[PDB]
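Entry with salicylic acid: notes follow.
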Amino acid sequence: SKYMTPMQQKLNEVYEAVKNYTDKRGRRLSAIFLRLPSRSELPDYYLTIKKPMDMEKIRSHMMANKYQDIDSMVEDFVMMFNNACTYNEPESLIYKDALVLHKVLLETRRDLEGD
Ligand SMILES: O=C(O)c1ccccc1O
């Protein structure tokens, strides 16, 4: 139980790379992405976003061993960054942070290309 399979390790590595990324000032870009607020706290959001996504949702799937491959988890991250960029303005901080984290996601996945 305590030992992760290779796929499980890779999933975890990608998830963690995005979660733990910090910029030069020590700011964890993941902060606002961990958990999306409520439909009642964000009326305009849920009416605009077809498939809402946050890192806690991704982390829960992973922990339930529900991702079958790396691409499946990447797709959810991509949904999240797409959602953030859709809702928010191109000059907004959330939008910029979503672009940075997107790069981290693809770099990490590619750096693990074999393993
Ligand atoms: O724009 C947000 O505040 C947001 C927060 C968490 C997940 C996706 C998002 O677009």
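Index from 1, following the sequence. Ligands are counted one by one from 1 in listed order, and the atoms in each one are counted from 1 as well.
In the deposited model, most contacts to salicylic acid involve the chain that the PDB entry calls Protein polybromo-1. Put simply, no part of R35 is less than 4.0 Å from salicylic acid, judged by heavy atoms.
Note: chain A touches salicylic acid mostly through UniProt domain Bromo 5. Taking every non-hydrogen atom of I32 and a distance limit under 4.0 Å, the qualifying atoms of salicylic acid come out as 3 (O), 5 (C), 6 (C).
Source organism of chain A, per the entry: Homo sapiens. Looking from atom 8 (C) of salicylic acid to the surrounding protein, the closest heavy atom is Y45 OH, 3.4 Å. Looking at salicylic acid, you'll find an N or O of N88 within less than 3.5 Å of one of its N or O atoms. Residue contact check for salicylic acid: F33 places a non-hydrogen atom closer than 4.0 Å to it.
Residues contacting salicylic acid within 4.0 Å (heavy-atom distance) are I32, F33, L36, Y45, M53, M80, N83, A84, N88, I94.
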